[PDB]
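In what follows, chains are A, B, ... by sequence order, proteins preceding strands, each numbered from 1. Recorded method for this deposit: electron microscopy, 3.4 Å. The figures that follow rest on heavy atoms only: side chains count, while hydrogens, waters and symmetry mates do not. Atoms within a ligand are numbered from 1 in the order they appear, just like the ligands themselves. A fraction of the deposited model is presented, and contact counting is confined to that fraction.
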Amino acid sequence: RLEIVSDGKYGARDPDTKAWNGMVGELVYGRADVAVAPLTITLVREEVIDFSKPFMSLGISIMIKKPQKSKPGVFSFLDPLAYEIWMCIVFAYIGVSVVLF
Amino acid sequence: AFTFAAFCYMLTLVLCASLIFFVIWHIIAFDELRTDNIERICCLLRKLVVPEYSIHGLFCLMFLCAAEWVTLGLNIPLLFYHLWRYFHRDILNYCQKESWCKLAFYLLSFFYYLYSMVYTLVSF
Amino acid sequence: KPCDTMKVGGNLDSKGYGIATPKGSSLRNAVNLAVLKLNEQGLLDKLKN
Amino acid sequence: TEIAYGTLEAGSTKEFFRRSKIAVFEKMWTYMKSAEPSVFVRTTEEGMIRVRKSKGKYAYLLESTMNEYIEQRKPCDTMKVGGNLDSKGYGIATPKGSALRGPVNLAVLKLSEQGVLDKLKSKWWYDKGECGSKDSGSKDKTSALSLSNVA
Amino acid sequence: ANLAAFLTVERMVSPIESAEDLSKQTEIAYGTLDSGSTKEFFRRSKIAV
Amino acid sequence: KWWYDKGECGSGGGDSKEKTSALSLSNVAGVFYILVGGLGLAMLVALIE
Amino acid sequence: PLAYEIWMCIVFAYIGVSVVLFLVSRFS
Ligand SMILES: O=c1[nH]c2cc(C(F)(F)F)c(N3CCOCC3)cc2n(CP(=O)(O)O)c1=O
Ligand SMILES: CCCCCCCCCCCCCC
Ligand SMILES: CCCCCCCCCC
Ligand SMILES: CCCCCCCC
């Protein structure tokens, strides 16, 4: 029969009193016979409780924000020159033309 | 988005508008002969029909490379009618009915490029 | 050498290399705890590096 | 140093970095120990939305299984990169000195050998993801210039 | 500009990234050991890939 | 450990620190001054001629 | 340096500009 632990934690040896908390506590004190759950195998736990072979391996991984597609703008070709340059070119274009006339 | 077929539908709007002026000028040429030198109006008609048929040849060629075969089917029967003009090379009432359908066909298909292009650009 | 090849893709199946111990021997209750201590201390990772 | 990486406020990861005598992990611990912004989150979900809101500025360090589930079974705006730093392992337990350890251990090794645990993992982590696997075939980075750049 | 950016820096990517990807392209002939753990594992495999 | 490890910045980290530099009129104004100077000189010799 | 989708767009834009210029130089 499957039942969830009331504490909702895995628990370890408390620093004040030598009492195991969580699922490992109910196992040592005889409150449970099997604890099938994600439980990291450590030294302090195995020293008091029995463990089986690891049914799943893991490790400390890195999680970063997924870079989006970054769709460039419609006028992306106007990036190498600033907006001030493009306008100054047009005003210099008409200025040279009027002077040439 | 930005696809090769979306750009082909954009060049059609600029080119099909020029085909509209040709079929309109043809009706004006037919109306002038109906009211009534005569070789001038007919020779000018021969110079106008050649670009109208060659421009439509690009419409059947641009969409062929654009993989838009659902639009090619709307232009193949138009190109097949051009073959009858080149194979054979009263007539006033026949040419009048053979020109009013051109204005309606070149306009109804013109609105397709005005809408099928939007069905691809904003659909990114 | 000459490092002309490389590894690509993740591990498909994950099995472990365990330290053997005779059945009737009483060394399992010691080697298990010792291996767990060495794994928690980060010594196996440094030895592999 | 442009991206600040943090871990759980009180967890096994913080205790591991505090006792890691590795030059690769030592410099990371001294950086995370002194930092003006918050480099430690109490709830793993609060750190998750912090990564999604940082947009390439906060790299959360969590376990592999929780990272793969939060990437697949959630709206995938973040991804997992790189291999595992350390090596751990789950496992079902049994009271000290009980007759339910031998046959139980043999059943775990039998299930892991017959390819059952790999099937159950691929079903609950990939076959039931939130955003799914959109375009499973990874689109190679085209070196050529796209059309939208000169549109 | 793009041709100058090409010859400046090179970015060679691997033709494959995982085992589930090469099983669909089927363009690279991959081989395993004759008799061992890999052959026995690929023999009795329930997954489709 | 006490001088280089406990440092605020890193030499190996900020090696390149390259960023996309968008050009502006701050460094291009050198050719605009000559452009107007050429027009003023051309209008001057035109009036003298 | 240019994707195959751009090379197909340049040729048809070239012929398009050419036929547009020819049509403009015809009404006159
Ligand atoms: O025995 C333990 N089992 C654990 C199992 C899990 C998981 F199964 F992944 F949920 C996690 N998480 C991984 C990342 O942080 C959020 C939850 C931590 C565990 N911890 C460390 P604690 O929760 O700080 O005690 C244990 O000590
Ligand atoms: C943008 C297109 C405008 C077309 C305007 C046409 C005006 C025609 C006036 C003369 C009509 C004569 C009919 C016999
Ligand atoms: C950036 C908005 C203004 C772009 C002007 C482009 C002008 C090109 C010809 C000088
Ligand atoms: C906002 C700038 C508009 C420029 C239009 C084209 C001028 C030659």
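- Structurally, the main neighbour of ligand 1 is the chain that the PDB entry identifies as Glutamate receptor 1.
- Notes: drug at ligand 1 recorded as ZK200775.
- Other chains reaching under 4.0 Å from ZK200775 with at least one heavy atom: A, D.
- Binding site of ZK200775, heavy atoms within 4.0 Å: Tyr10(A), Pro38(A), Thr40(A), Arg45(A), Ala10(D), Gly11(D), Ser12(D), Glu63(D), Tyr90(D).
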